[PDB]
Amino acid sequence: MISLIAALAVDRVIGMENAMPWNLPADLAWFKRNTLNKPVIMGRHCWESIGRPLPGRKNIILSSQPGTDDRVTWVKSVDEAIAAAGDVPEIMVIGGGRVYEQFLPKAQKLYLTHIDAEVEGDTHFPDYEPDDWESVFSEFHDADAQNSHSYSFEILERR
Ligand SMILES: NC(=O)c1ccc[n+]([C@@H]2O[C@H](COP(=O)([O-])OP(=O)(O)OC[C@H]3O[C@@H](n4cnc5c(N)ncnc54)[C@H](OP(=O)(O)O)[C@@H]3O)[C@@H](O)[C@H]2O)c1
Ligand SMILES: CN(Cc1cnc2nc(N)nc(N)c2n1)c1ccc(C(=O)N[C@@H](CCC(=O)O)C(=O)O)cc1
Ligand SMILES: [Ca+2]
Ligand SMILES: [Ca+2]
């Protein structure tokens, strides 16, 4: 199955100037826990904002151009990305916005972090139909010394 994993601020903002405008160690821990030992698919812009392969994951990068880094697997279409991931239980799609938009119709699960942050953004999570989805896990956390916003973790499953 295909799952999307994303962190969304107010108004579904997911980025600004190729960066993520918040500091949430707890979200990074959640991200790692839910992507480790699974293939991860990302757009070229979202790769460039990392610049190093994520360890313990098969890193698959979508680009219309030839790849520039042999440490990761480069593919030129959605269907090639899916195929490159292979016969695994769960393929994780990690962004950014244009990649999320293309994989959302194919996804069975959404792993969302709702961050209580008012951030100007230039990139937004796609506007999904709420009726298509059922909340199966939800956990809220207050802001603390390490995490400067409150946030909730949510898993939605396609009905
Ligand atoms: N969880 C999150 O909140 C989260 C996660 C990740 C990223 N982000 C943010 O997302 C933003 C980047 O999003 P974005 O939409 O600009 O870029 P993106 O989706 O990461 O990357 C877009 C690029 O991927 C390639 N691509 C996408 N679909 C393709 C296809 N079907 N076939 C071939 N190539 C394809 C193209 O590369 P070429 O131009 O090379 O063809 C395209 O320009 C940044 O602000 C980043 O910080 C947020
Ligand atoms: C910019 N970016 C994309 C990013 C960040 N947070 C997210 N959060 C969620 N919930 N979903 C995402 N797709 C997501 N993507 C990054 C940046 C750094 C690391 C990173 O270093 N991750 C380590 C965490 C190790 C560390 O703490 O340095 C890992 O093993 O996954 C991952 C993604
Ligand atoms: Ca806040
Ligand atoms: Ca509606």
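Chain A is numbered as in the PDB entry; shown residues: 1-159, in order. For ligands, and for the atoms within them, numbers begin at 1 and follow the listed sequence.
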Which chain contacts ligand 2 the most here, in the terms used by the PDB entry? Dihydrofolate reductase
Help me out: which of esaxerenone, methotrexate, doxycycline is at ligand 2? methotrexate
Ligand-residue contact atoms, methotrexate with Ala7, heavy atoms, under 4.0 Å: 8 (N), 9 (C), 10 (N), 11 (N)
Per-residue contact class, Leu36 against methotrexate - non-hydrogen pairs under 4.0 Å: neither
Who's closest to atom 10 (N) of methotrexate heavy-atom-wise, of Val99, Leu8, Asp27? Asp27
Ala6 to methotrexate, any heavy atom closer than 4.0 Å: yes
Within the 4.0 Å heavy-atom shell around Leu28, which atoms of methotrexate are there? 5 (C), 6 (N)
Could you list the atoms of methotrexate found under 4.0 angstrom from a heavy atom of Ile94? 13 (N)
With backbone taken as N, CA, C and O and side chain as the heavy atoms from C-beta onward, which portion of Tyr100 lies under 4.0 Å from methotrexate: side chain, backbone, both, or neither? side chain
Indicate, as side chain, backbone, both or neither, the part of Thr113 found under 4.0 angstrom from methotrexate when only non-hydrogen atoms are considered. side chain
Using heavy atoms and a threshold below 4.0 Å, how should the contact between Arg57 and methotrexate be classified: side chain, backbone, both, or neither? side chain
Has methotrexate got any nitrogen or oxygen that is less than 3.5 angstrom from a nitrogen or oxygen of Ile5? yes
Write down the organism the PDB entry assigns to chain A. Escherichia coli
Only heavy atoms of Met20, strictly under 4.0 Å: list the atoms of methotrexate that pass. 1 (C), 3 (C), 4 (C), 5 (C), 6 (N), 7 (C)
I'm trying to map the binding site of methotrexate - which residues have a heavy atom under 4.0 Å from it? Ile5, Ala6, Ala7, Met20, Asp27, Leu28, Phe31, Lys32, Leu54, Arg57, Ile94, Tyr100, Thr113
